[PDB]
Amino acid sequence: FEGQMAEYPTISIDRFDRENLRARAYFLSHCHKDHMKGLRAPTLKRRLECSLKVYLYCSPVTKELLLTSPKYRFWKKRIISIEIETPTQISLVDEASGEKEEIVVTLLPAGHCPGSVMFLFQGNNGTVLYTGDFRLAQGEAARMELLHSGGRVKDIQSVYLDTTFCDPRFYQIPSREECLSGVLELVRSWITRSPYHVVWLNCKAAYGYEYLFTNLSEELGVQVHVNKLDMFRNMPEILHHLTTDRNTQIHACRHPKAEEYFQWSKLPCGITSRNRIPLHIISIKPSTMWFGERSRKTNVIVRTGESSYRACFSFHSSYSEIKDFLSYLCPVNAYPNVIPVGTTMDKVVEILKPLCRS
Ligand SMILES: CO/N=C(/C(=O)N[C@@H]1C(=O)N2C(C(=O)O)=C(CSc3nc(=O)c(=O)[nH]n3C)CS[C@H]12)c1csc(N)n1
Ligand code: NI
Ligand SMILES: [Zn+2]
């Protein structure tokens, strides 16, 4: 996926370079780097300065997060949030020939990271859904009222969908709740032993772990150490569960060579003792795990060393979830947004084919 859906080529979503430089309107599903290619390129800025009626649309949270970065503040005058599950009419003007197109857009929650949404577009060339990145459990799409008309799913011409784990190997992934419970109980069994027992959550430098931090903090009464928390300045229910102070039993700090540090009983922020008593440190790396069709779930926690663990965590839907979602949507066409590492377009397209009307 390179930004443009065939049905509405004058809009660009999650890609801002190359052909997307002529967009009549821009959309951002969420603040992950690989969906923000070109979003602050000079050539785009140049183009915004001679095209005054071009806006960027996203969720309220996405607006807030994007605008906390100094490098995207230039968007301030041109960003419009759209409320979640609130169908909103948008006008797309031709800068030169003066053509006018109207589209109605509805934001649906994607379950991927703070601010993450799917965009349902309705207009005079059919209904389309761009999912962005999503993780939706079975039944979640069936509950989304604005995907339906008169008790049946809307007629959807094309779905542009997150196919990150769209291969039958990734058949099942433990739920959000199961992942959280496993991590909670591992952390609780360690940090309640003494004040000197500490956990390092080894996380990627990306939004989407806040669900985990918030819940661990709420349940355990401990704030989580992070490198930077200023992006949540106006998000109290996230902010108050994080800290920049090193004196805490849960850390999600980050440092360029941080797994070497852990192999010498140092956390990334450098704290190794308190009252000259060494901290007893375990590492927990949230990581995607999956089970095949014919298997049962195994433990969300995998022990990798005396003091090291992997914990199930997924930003994206399983293959069974993708199939259930698309089966339910029953669009005419389905377009993979991404080719999983070990497969091809043809295999992914052909996996999806039987779930579509043409
Ligand atoms: C290499 O180190 N790996 C992991 C780990 O477990 N990674 C998982 C793996 O193999 N994954 C897959 C995928 O298949 O690409 C991905 C999908 S790639 C992607 N996801 C987005 O949401 C997005 O917006 N853009 N992009 C490009 C997620 S990580 C996961 C890790 C976890 S924590 C930590 N410190 N390292
Ligand atoms: Ni993402
Ligand atoms: Zn730390």
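Counting from 1, the numbers follow the sequence of the chain as shown. Just so you know, ligand 1 is whichever comes first in the structure, and atom 1 is the first atom listed for that ligand.
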Q: Find the chain in most contact with ligand 1 and give its name from the PDB entry.
A: Protein artemis
**Q.** Drug name for ligand 1
**A.** ceftriaxone
Q | Other-chain residues near ceftriaxone (heavy atom, 4.0 Å) | A | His30, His32, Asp34, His35, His112, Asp133, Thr164, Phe165, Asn202, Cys203, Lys204, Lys285, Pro286, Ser287, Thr288, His316
Q.
Looking only at distances, can you tell me whether any N or O atom of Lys204, backbone or side chain, sits closer than 3.5 Å to an N or O atom of ceftriaxone?
A. yes
(Q) Give the atom numbers and elements of ceftriaxone that come within less than 4.0 Å of a heavy atom of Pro286. (A) 32 (C), 33 (S)
(Q) List ceftriaxone atoms under 4.0 Å from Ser287, heavy atoms only on the residue side. (A) 6 (O)
Q: Could you tell me which atoms of ceftriaxone, counted from 1 in the order shown, lie closer than 4.0 angstrom to a heavy atom of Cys203?
A: 35 (N)
Q | Ligand-residue contact atoms, ceftriaxone with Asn202, heavy atoms, under 4.0 Å | A | 33 (S), 34 (C), 35 (N)
Q: For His316, take its heavy atoms, then give the atoms of ceftriaxone lying under 4.0 Å from any of them.
A: 17 (C), 20 (N), 21 (C), 22 (O)
Q.
I'd love to know the other ligands and ions under 4.0 Å from ceftriaxone, if any.
A. ligand 2 (nickel (II) ion)
Q.
Within ceftriaxone, which atoms have a heavy atom of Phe165 less than 4.0 Å away?
A. 14 (O)
Q. Is there any N or O on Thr164 that sits under 3.5 Å from an N or O of ceftriaxone?
A. no
Q: Check ceftriaxone against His30 and write out every atom of the ligand that is under 4.0 Å from a heavy-atom position of the residue.
A: 24 (O)
Q | Atoms in ceftriaxone flagged as close to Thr288, the criterion being non-hydrogen separation under 4.0 Å | A | 6 (O), 8 (C), 30 (C)
